[PDB]
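Quick look: Taxol on Tubulin beta chain.
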Amino acid sequence: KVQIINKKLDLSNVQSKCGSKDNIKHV
Amino acid sequence: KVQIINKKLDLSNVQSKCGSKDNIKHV
Amino acid sequence: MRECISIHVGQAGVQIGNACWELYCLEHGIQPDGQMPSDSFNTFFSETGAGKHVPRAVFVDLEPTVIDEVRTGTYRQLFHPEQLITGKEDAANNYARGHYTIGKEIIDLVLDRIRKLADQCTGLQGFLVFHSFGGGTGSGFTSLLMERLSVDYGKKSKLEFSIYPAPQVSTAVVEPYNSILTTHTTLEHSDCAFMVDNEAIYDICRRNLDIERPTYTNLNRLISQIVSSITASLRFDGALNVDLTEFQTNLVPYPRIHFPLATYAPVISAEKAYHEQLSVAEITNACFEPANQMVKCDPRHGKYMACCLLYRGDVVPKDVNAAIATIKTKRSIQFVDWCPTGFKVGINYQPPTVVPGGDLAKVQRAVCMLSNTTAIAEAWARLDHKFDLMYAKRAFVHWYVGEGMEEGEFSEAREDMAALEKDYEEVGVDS
Amino acid sequence: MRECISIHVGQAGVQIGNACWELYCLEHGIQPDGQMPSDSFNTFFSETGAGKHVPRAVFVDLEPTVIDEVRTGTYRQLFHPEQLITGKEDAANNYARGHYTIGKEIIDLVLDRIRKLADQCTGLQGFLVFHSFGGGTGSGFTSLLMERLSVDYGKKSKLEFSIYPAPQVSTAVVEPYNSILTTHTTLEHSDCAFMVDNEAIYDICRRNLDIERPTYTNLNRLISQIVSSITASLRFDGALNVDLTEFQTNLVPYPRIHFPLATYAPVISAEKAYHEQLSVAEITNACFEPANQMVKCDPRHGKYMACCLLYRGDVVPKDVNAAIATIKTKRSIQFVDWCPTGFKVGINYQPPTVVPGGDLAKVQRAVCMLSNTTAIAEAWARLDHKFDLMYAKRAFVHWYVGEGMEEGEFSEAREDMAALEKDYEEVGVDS
Amino acid sequence: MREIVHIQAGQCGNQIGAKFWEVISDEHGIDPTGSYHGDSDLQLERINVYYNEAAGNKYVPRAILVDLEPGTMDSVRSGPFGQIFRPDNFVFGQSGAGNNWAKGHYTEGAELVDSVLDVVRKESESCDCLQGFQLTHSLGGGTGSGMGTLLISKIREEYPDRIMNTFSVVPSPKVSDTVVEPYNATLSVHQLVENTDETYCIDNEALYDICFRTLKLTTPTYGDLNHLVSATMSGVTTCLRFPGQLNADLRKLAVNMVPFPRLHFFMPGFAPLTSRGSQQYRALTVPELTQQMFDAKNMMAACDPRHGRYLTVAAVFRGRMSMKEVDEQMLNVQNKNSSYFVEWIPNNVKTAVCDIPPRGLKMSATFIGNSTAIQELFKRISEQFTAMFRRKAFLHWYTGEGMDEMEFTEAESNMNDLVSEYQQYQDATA
Amino acid sequence: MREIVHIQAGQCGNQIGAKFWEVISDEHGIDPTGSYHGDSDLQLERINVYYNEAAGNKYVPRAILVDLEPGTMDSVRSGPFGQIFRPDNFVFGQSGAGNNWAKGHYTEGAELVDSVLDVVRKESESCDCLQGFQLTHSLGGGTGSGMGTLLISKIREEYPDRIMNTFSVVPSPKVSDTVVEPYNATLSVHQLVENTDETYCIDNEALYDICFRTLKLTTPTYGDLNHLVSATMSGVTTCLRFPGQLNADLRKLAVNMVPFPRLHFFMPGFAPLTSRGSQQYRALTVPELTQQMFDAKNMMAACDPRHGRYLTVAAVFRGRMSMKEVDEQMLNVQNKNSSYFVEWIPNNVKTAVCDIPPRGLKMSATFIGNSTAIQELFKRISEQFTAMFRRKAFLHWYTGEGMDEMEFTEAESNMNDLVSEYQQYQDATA
Ligand SMILES: CC(=O)O[C@H]1C(=O)[C@@]2(C)[C@H]([C@H](OC(=O)c3ccccc3)[C@]3(O)C[C@H](OC(=O)[C@H](O)[C@@H](NC(=O)c4ccccc4)c4ccccc4)C(C)=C1C3(C)C)[C@]1(OC(C)=O)CO[C@@H]1C[C@@H]2O
Ligand SMILES: CC(=O)O[C@H]1C(=O)[C@@]2(C)[C@H]([C@H](OC(=O)c3ccccc3)[C@]3(O)C[C@H](OC(=O)[C@H](O)[C@@H](NC(=O)c4ccccc4)c4ccccc4)C(C)=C1C3(C)C)[C@]1(OC(C)=O)CO[C@@H]1C[C@@H]2O
Ligand SMILES: Nc1nc2c(ncn2[C@@H]2O[C@H](COP(=O)(O)OP(=O)(O)OP(=O)(O)O)[C@@H](O)[C@H]2O)c(=O)[nH]1
Ligand SMILES: Nc1nc2c(ncn2[C@@H]2O[C@H](COP(=O)(O)OP(=O)(O)OP(=O)(O)O)[C@@H](O)[C@H]2O)c(=O)[nH]1
Ligand SMILES: Nc1nc2c(ncn2[C@@H]2O[C@H](COP(=O)(O)OP(=O)(O)O)[C@@H](O)[C@H]2O)c(=O)[nH]1
Ligand SMILES: Nc1nc2c(ncn2[C@@H]2O[C@H](COP(=O)(O)OP(=O)(O)O)[C@@H](O)[C@H]2O)c(=O)[nH]1
Ligand SMILES: [Mg+2]
Ligand SMILES: [Mg+2]
């Protein structure tokens with residue numbers, strides 16, 4: 001008469017926060 | 001009611017691995 | 001001159017602080033009663049009265065038993081009575097209790113004591129903080145305290161010597177929850193965090209020191225040796241001096257990557273000291289072997305971003321240069337391409353001091369090694385995995401929620417952790 | 001300067017190593033504890049501490065019994081504790097266990113110790129390996145170690161001291177399998193491999209030393225004297241020095257024929273010493289009798305390909321030249337036509353040292369002789385014959401197969417041996 | 001600072017309390033007259049957790065004695081250690097429940113609960129920083145079960161943020177001491193599952209098995225059983241009275257051991273247990289203690305953990321040790337028995353170490369396990385309940401006190417729901 | 001380190017084990033109370049192979065007591081060296097096999113094997129690096145044969161890589177102590193040929209002959225026979241306890257003595273055996289030991305090796321000697337007796353030398369021969385078995401335990417195949 005307390009856990013999309021890609025276009 | 005595994009082992013031909021005869025025809 | 005303030009919180013922090021202060025008193029020739037039997041040690045000890053030196057320390061806990069052990073120990077007449085602050089009920093391994101419910105009762109008193117201690121200093125340079133991730137009091141109150149400090153001071157540096165959870169060894173069930181929450185809330189409020197693993201120190205003690213019963217005393221003694229080697233350049237003088245600020249300037253390439261790993265050398269026993277000559281080259285080599293790192297992670301799985309070496313005692317700069325060059329040529333270690341120069345070196349004249357009745361042999365030179373590498377990313381992933389395993393079924397969540405922690409916070413932390421992992425993967429790729 | 005590393009594997013290797021190191025310590029005047037009671041011996045001993053010398057030795061075995069015998073003997077405080085490496089279960093006269101199942105457990109640790117010792121040397125030139133063909137640990141782990149060493153280094157020399165199985169005396173039933181397998185594996189990884197035969201040394205002790213109870217101590221003392229005569233040119237200066245590389249450059253004409261034979265002279269007892277005024281010419285003559293050879297095979301059945309002479313002590317080069325000329329003109333021995341100049345000669349000042357409690361008298365001159373001869377081919381044939389006698393009915397084969405070794409491997413080994421026999425008969429034919 | 005209030009109810013509770021207080025007084029060096037005669041300072045630095053201090057060094061245990069009949073407490077008072085307890089803590093009625101849950105819960109409890117509440121309030125006002133409450137009772141009895149449930153409910157209404165621990169005696173699977181044992185038992189859990197923070201289950205059959213098989217005792221009496229139970233009780237709370245390398249109080253155990261609010265039933269165990277002669281044949285090492293932990297025959301409840309999966313485990317060690325050895329033993333146990341642990345809880349094990357060993361021992365060990373196998377116990381009870389409820393046997397005794405069959409139905413349904421939850425939590429689902 | 005777990009089953013197993021443990025304790029200098037009163041460090045250096053060290057300088061043998069009747073091990077417990085053993089290792093039933101293979105293998109063994117396996121597991125996990133298992137029993141008894149086969153099969157399933165060694169008292173050729181020994185012998189070899197690494201065969205008749213002929217003993221008892229068997233056991237397992245110039249362990253012997261998986265039945269022997277009056281007239285030299293060992297009369301099994309040809313030989317010398325003499329004696333034996341060795345195996349002889357002199361004389365030597373002549377024994381049993389199976393005598397005694405004639409047919413067919421293999425391995429074919 002009872003059900004397990006289960007939830008759909010997922011980490012869909014997470015982006016990097018450090019800006020190491022900003023200056024890669026510098027000459 | 002059991003026969004043993006007797007193998008016809010033989011070393012028919014084996015060729016030497018040293019290259020002593022390579023320059024026997026040298027002048 | 002330059003002054004450093006030490007904070008020890010929780011059981012692990014308090015015990016590590018006890019070992020550290022015993023080591024400092026022994027090294028500076030100060031008796032346990034605060035008197036000198038016979039002066040750069042103004043960095044750690046202040047002068048009060050007639051010849052009495054009082055350490056600049058704050059001891060905080062929400063549970064009085066360990067501090068009571070301190071108050072009745074050999075160093076009872078050493079610490080200021082008001083520097084030992086105690087609560088009544090501990091956080092009970094609950095991050096929310098030590099952060100929201102129990103922490104806020106004494107956070108103001110702790111801040112008042114810290115302000116009173118800091119106003120005396122004229123050249124304050126930073127704060128030392130010792131704590132553990134898994135504990136409730138440790139993680140919760142440390143996170144709250146660092147938030148308050150970063151708001152109050154901001155410019156002064158802040159350092160941690162935290163106990164990272166071990167991959168297999170554990171002493172709690174709610175460990176991943178507290179670890180993830182405290183890492184998420186301390187990521188933006190710290191400058192450098194040195195982490196060690198109990199399992200790694202156990203392996204070190206078994207393999208090198210040949211000790212089959214390594215109680216917590218030996219682990220704390222090793223950690224205190226590392227802290228002493230870090231602060232030696234402040235407490236003494238040498239051919240090349242490094243203060244606290246240079247550490248964060250040289251080891252932290254990005255604000256979100258400040259988790260170096262701390263090792264030490266030479267860790268050998270008394271009997272094997274005779275069969276080995278502790279030269280600079282060989283101890284430098286030993287500092288880089290994976291079997292000597294004091295966090296259970298393989299450096300060969302990642303790349304070093306920055307490395308820092310601190311030498312003590314009989315050391316010649318040419319030998320240091322030669323050993324570093326030899327390490328650089330070797331291809332067993334990897335360095336990121338965007339960091340052509342990846343070493344910061346310091347040399348000090350004062351050799352290490354062996355605590356009587358201890359386990360380390362007497363040597364004339366020693367090395368402390370800190371590395372900021374992507375090999376730690378794996379560890380992070382592991383923790384996250386465990387968090388997920390326990391969060392898909394809402395296990396133990398009610399304990400935290402009943403203390404005022406809204407559920408979504410957990411998700412936030414996990415999200416942040418994922419991003420942090422991505423960060424490492426972005427900087428571990430060459431261009 | 002030039003450095004050498006000694007490796008001892010298995011029971012035979014460890015016991016021979018103990019005898020050799022006792023002899024070296026006596027020669028260089030080093031007390032059993034490592035001190036000196038009063039220096040070209042940096043080749044074998046490394047300086048450490050305050051005048052302590054540590055041998056550059058590594059001891060490997062899969063059973064702790066013999067290594068524990070060493071660890072509690074008189075020379076317990078001489079060896080570095082980490083250089084004595086032990087497993088938990090021996091190969092039990094099984095090549096597969098020592099090569100595949102058990103050896104792979106500690107091969108990595110052995111290599112780590114090897115590289116740690118090697119990095120300490122500046123002019124390392126080669127490794128010495130002591131082992132036995134007949135045993136499981138010896139043969140299997142030696143083959144694995146030679147594979148790893150050849151892969152890692154490649155250019156440094158690798159000399160071999162091995163106990164060839166005796167033609168009649170045997171101490172195991174599976175000797176042919178192990179011998180054939182290890183010879184097939186190591187045939188292309190050993191630069192040079194001298195051999196000794198227990199039966200031949202028994203015969204020598206009976207005939208010359210007048211001893212009827214020759215325990216293994218006497219045989220190991222003889223072998224230690226031989227290896228001392230080999231390495232004296234490194235350890236002492238002489239009128240004509242011979243390095244380690246010169247041995248292989250002068251005694252191996254083809255990469256597959258690197259199996260010389262080792263003898264020694266003079267081998268006399270104390271009582272007969274007074275009745276013989278020993279001279280260079282007579283010693284050189286004595287080194288060429290079949291009865292004085294330390295491998296139970298008749299050199300008169302084959303032809304020499306290269307000979308190496310190492311003289312010690314009171315030796316005059318003109319007498320050496322005269323004796324060697326007389327040997328050359330004597331037609332009872334034969335030399336291959338394609339080697340008109342078949343002698344290398346080295347001379348050293350330091351005479352051999354008599355170990356007290358030993359069984360050899362004191363002489364002022366000694367000779368060590370190594371001859372690469374085709375007469376060893378017969379020995380191989382005999383071994384092969386035995387292998388066939390045991391392989392037609394697949395006796396004991398399941399023991400090897402159950403450890404992962406595929407059956408076809410056996411065939412390869414046997415076929416390889418056949419080729420080797422052909423090789424010898426190809427170069428033993430003049431033209 | 002953390003102090004604990006002790007409560008005993010019924011014959012079982014009073015006997016266990018007497019043995020527990022004798023053991024505690026022996027540990028702290030207190031003579032039966034209440035005057036300290038110890039030999040160490042550690043016995044007095046944390047004496048206030050259990051003992052109030054009276055005028056003249058006399059120490060009064062912070063205990064309360066409750067029963068609906070005077071016989072048991074008269075035996076307690078006239079016996080040894082009868083003068084330590086303050087006479088004002090002896091509360092009793094004159095009727096007795098007579099194994100009737102309704103009688104002890106609705107009629108006599110209604111008379112005695114006000115006095116017991118006055119006593120607990122007076123005790124708690126003298127408290128400085130209360131850690132929680134500890135209760136000892138049995139489920140199969142009338143006054144035990146009824147007054148235990150009533151008191152627990154009233155206090156949970158009074159102090160909801162404190163800690164409740166109960167050491168209950170759940171009915172045995174083979175031989176029963178009371179015919180109406182099922183009814184009461186069910187009517188007890190329907191309250192406990194809603195009002196108790198954590199609860200340890202005890203079976204007399206398991207204790208008999210341990211005494212006969214391990215201790216080699218030919219004639220085990222209730223004295224030995226209460227001895228073992230008191231040993232476990234003292235082992236649980238040792239970290240509040242003596243310093244150690246790693247401390248753990250009641251709240252820490254509750255956090256680490258209760259994943260969900262309805263699953264707070266544990267199976268305790270103790271180690272080492274040896275006879276008078278066999279102790280010379282075996283070593284006192286941490287691996288031995290750890291092996292005595294995870295022994296299906298060493299558990300103090302008649303449920304085989306092998307039939308189910310552990311949820312959480314606590315190991316509390318006493319005596320000087322090496323932490324590395326403890327963690328290596330825990331790792332080995334987890335790795336070898338990996339089929340007995342839930343997949344959704346990594347690191348099932350919590351560890352505590354205390355420096356001071358029990359008086360006369362080098363080291364000791366207390367095990368607490370939260371295993372799903374306990375559901376079997378509940379299931380069995382439920383079956384018997386309905387086996388007697390279809391025929392309405394013995395029902396007029398309970399319904400003559402004010403209850404109605406709807407209460408029985410509610411209790412049965414709640415028991416079934418708890419069993420369903422316990423069974424459902426054995427699914428990997430990943 | 002390399003450690004051995006010792007198992008004894010049945011009357012013969014218990015008696016031989018008691019004598020063997022007394023011999024080992026005297027060799028290692030341990031008093032009957034279990035406290036080390038030795039005089040050398042080598043006695044304690046490798047004590048862990050057989051003993052576990054308990055608290056207080058006590059050593060407990062790593063032995064298991066298994067029987068289906070309590071009389072034998074009650075005698076063991078009440079006698080001398082009875083307090084040395086751990087009481088928990090004594091496992092007894094209450095019925096007994098009654099010389100019935102089926103009863104001990106299917107009905108009583110089924111009940112006892114679980115407890116025995118639990119004790120064995122507890123002993124094994126307490127070890128560091130287990131080397132193998134060793135068992136002592138007979139084939140003509142019910143309990144010994146049945147429970148030994150059952151335990152061997154179960155352990156081989158549990159640990160398929162360890163070493164199983166057995167000392168089995170095979171039936172005597174002339175005088176039989178039981179009427180139904182052929183059935184039990186066949187049903188036991190049918191399992192030994194599949195689940196045992198190696199087995200040494202000992203015959204009571206040959207031991208009687210040894211004591212009456214060589215030792216000049218007028219009234220031999222089972223004490224002398226078990227003394228001889230214990231001496232052989234100690235000689236076999238001496239390289240694990242004391243250092244030597246050339247040493248060999250159990251795995252080395254198995255590799256060097258078992259050419260094929262179905263041929264692991266050896267004949268042991270010991271030297272020197274001499275009377276008190278003759279010890280003054282003979283000189284203890286290596287050639288004398290070698291001549292005594294390779295003697296038909298000196299064999300501990302009632303088979304003449306001159307009828308067949310040896311497959312392999314193991315010689316474990318002990319004491320201080322010169323291996324030049326050892327090897328010259330081996331060569332002399334091989335050349336003189338070249339008609340008794342198979343041609344398809346050169347180097348039939350394996351040698352080991354233990355430095356420590358035998359407790360006893362200056363020098364000693366143990367012999368283990370793998371001869372084809374042992375097939376005669378099996379062949380003889382076959383005849384008797386079928387001579388009693390055609391008439392189906394005593395068959396109901398076995399078929400009343402659930403067994404069926406199919407098992408009898410399978411056992412006789414398998415062991416006849418083994419006889420064929422052993423016999424026709426005497427063909428050179430080259
Ligand atoms: C020489 C020796 O070892 O004496 C022991 C003893 O023989 C044994 C058998 C004792 C003994 O215990 C029992 O006989 C016993 C009987 C029924 C139920 C439980 C125990 C002992 O009574 C128990 C007693 O233990 C203590 O004193 C502990 O501190 C214990 N206290 C009491 O039992 C106690 C007795 C009287 C009054 C007050 C307390 C304790 C244990 C856990 C937590 C707190 C206290 C001691 C050392 C012994 C005896 C006397 C035989 C054991 O007791 C414990 C729990 O330590 C039984 O298991 C241990 C193993 C011991 O070896
Ligand atoms: C006075 C004296 O020197 O007599 C010796 C002795 O040398 C003789 C008589 C001993 C003696 O053995 C016998 O009398 C005997 C009788 C029947 C069956 C077996 C033995 C001796 O008991 C044997 C005993 O040997 C030992 O020292 C070992 O302890 C022996 N252990 C035991 O006998 C023993 C008995 C009870 C409890 C514990 C140990 C042993 C032998 C082999 C392997 C391990 C241990 C010694 C000194 C002798 C006597 C006393 C006469 C012998 O012992 C062995 C088995 O090597 C018999 O064969 C040799 C021949 C010897 O001449
Ligand atoms: N290295 C080391 N680690 C310790 C020590 N003491 C505790 N720890 C670590 O701390 C973890 C447990 O959390 P604690 O720090 O004790 O928690 P706390 O600081 O007491 O805070 P609360 O949980 O609220 O009581 C364990 O996993 C240990 O690894 C110590 O002395 N040395
Ligand atoms: N000359 C000489 N030979 C030895 C010595 N010790 C052992 N041997 C030889 O070694 C052979 C036995 O094999 P082991 O050397 O014991 O084999 P192992 O290296 O120990 O490896 P395992 O087979 O696994 O035990 C014998 O035939 C001996 O001839 C020694 O001290 N001197
Ligand atoms: N372990 C233990 N159990 C007891 C003791 N006394 C009673 N019991 C158990 O408690 C049950 C009886 O409960 P009881 O106290 O008589 O009921 P009450 O009169 O309502 O309190 C029985 O099943 C007993 O097994 C005791 O001293 N020790
Ligand atoms: N050598 C020897 N043989 C024994 C001993 N005790 C019994 N036996 C033999 O074992 C056989 C009897 O087997 P038994 O052990 O009684 O069967 P079980 O009691 O059912 O296990 C008989 O043939 C005896 O010859 C002993 O102490 N020494
Ligand atoms: Mg705490
Ligand atoms: Mg070996």
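In what follows, chains carry the letters A, B, and so on, assigned in the order in which the sequence lines appear, proteins first and then strands, with residues in each chain numbered from 1. When a ligand or atom number is given, it counts from 1 through the structure's own listing order. Atom set for the values below is all heavy atoms of this structure, side chains included, hydrogens, waters and symmetry mates excluded. The deposited model was determined using electron microscopy, 2.9 Å. Readers should note that the entry appears only in part, and the reported contacts come from within that part.
All instances of Taxol are found at ligands 1 and 2. Other chains within heavy-atom reach of Taxol (ligand 2), distance under 4.0 Å: F. Checked against UniProt, none of the Mg(2+)-binding residues of chain F turns out to have a heavy atom under 4.0 Å from Taxol (ligand 2).
The entry gives the source of chain F as Sus scrofa.
Measured from Taxol (ligand 2), no other ligands or ions fall under 4.0 Å. The contact residues of Taxol (ligand 2), taking heavy atoms under 4.0 Å, are given as F:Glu22, F:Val23, F:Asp26, F:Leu215, F:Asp224, F:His227, F:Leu228, F:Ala231, F:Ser234, F:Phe270, F:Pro272, F:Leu273, F:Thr274, F:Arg276, F:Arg359, F:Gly360, F:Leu361.
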